[PDB]
Amino acid sequence: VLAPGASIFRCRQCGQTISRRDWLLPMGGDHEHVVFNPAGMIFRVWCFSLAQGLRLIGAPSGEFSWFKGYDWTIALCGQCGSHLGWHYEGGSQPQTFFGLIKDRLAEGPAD
Ligand SMILES: O=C1CC[C@H](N2C(=O)c3ccccc3C2=O)C(=O)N1
Ligand SMILES: [Zn+2]
């Protein structure tokens with residue numbers, strides 16, 4: 001298409017470039033996974049094969065992982081520090097991916 005308006009995802013709080021709709025990843029047959037943490041917070045997580053502009057904090061943990069066989073690290077916006085989701089590693093097909101919180105991103109046109 002010409003002039004697509006739903007191409008890239010930016011940090012909602014600051015505008016840092018984070019990911020792309022083309023990089024959505026259907027984990028378990030769906031890119032969307034609705035999950036809760038031990039504090040009871042519900043997240044609509046979109047899985048992406050790739051992302052940029054984040055800062056991955058600390059070492060991986062398997063504790064409470066929403067995705068079998070993966071360990072996670074918190075992913076902050078590398079610009080403003082907003083908690084955007086998690087990076088998953090240590091698993092299989094794929095070894096790694098990102099789970100980002102949908103409502104913490106803004107979607108819009110490319111570049
Ligand atoms: O797959 C995941 C990613 C991390 C996530 N997580 C949280 O969001 C959290 C908040 C406070 C204490 C502990 C946790 C934790 O494990 C969680 O529960 N599962
Ligand atoms: Zn940000």
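Residue numbers count from 1 along this sequence. Values below: all heavy atoms of this structure, side chains included; hydrogens, waters and symmetry mates excluded. When a ligand or atom number is given, it counts from 1 through the structure's own listing order.
The drug candidate or drug found at ligand 1 is named S-thalidomide. Taking the chain with most contacts, the partner of S-thalidomide here is, per the PDB entry, Cereblon isoform 4. Within 4.0 Å of S-thalidomide on heavy-atom distance sit the residues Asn37, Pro38, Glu63, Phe64, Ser65, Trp66, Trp72, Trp86, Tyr88. Not one N or O of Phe36 is nearer than 3.5 Å to an N or O of S-thalidomide, by distance alone.
An N or O contact shorter than 3.5 Å is missing between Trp86 and S-thalidomide by distance. Among protein heavy atoms, atom 17 (C) of S-thalidomide sits closest to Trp66 CZ2, 3.4 Å. The closest protein non-hydrogen atom to atom 14 (C) of S-thalidomide is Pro38 CD, 3.8 Å. The contact set between S-thalidomide and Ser65, taken as ligand atoms under 4.0 Å from a residue heavy atom, comprises 1 (O). Shown in contact with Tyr88 at under 4.0 Å from a heavy atom are these atoms of S-thalidomide, numbered in order with element: 1 (O), 2 (C), 3 (C). The protein non-hydrogen atom at the shortest distance from atom 19 (N) of S-thalidomide is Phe64 O, 3.0 Å. Atom 16 (O) of S-thalidomide has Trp72 CZ2, 3.3 Å as its closest protein atom, hydrogens excluded (heavy atom only). According to the entry, the source organism of chain A is Magnetospirillum gryphiswaldense MSR-1. Among protein heavy atoms, the minimum distance from atom 11 (C) of S-thalidomide is reached at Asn37 ND2, 4.6 Å.
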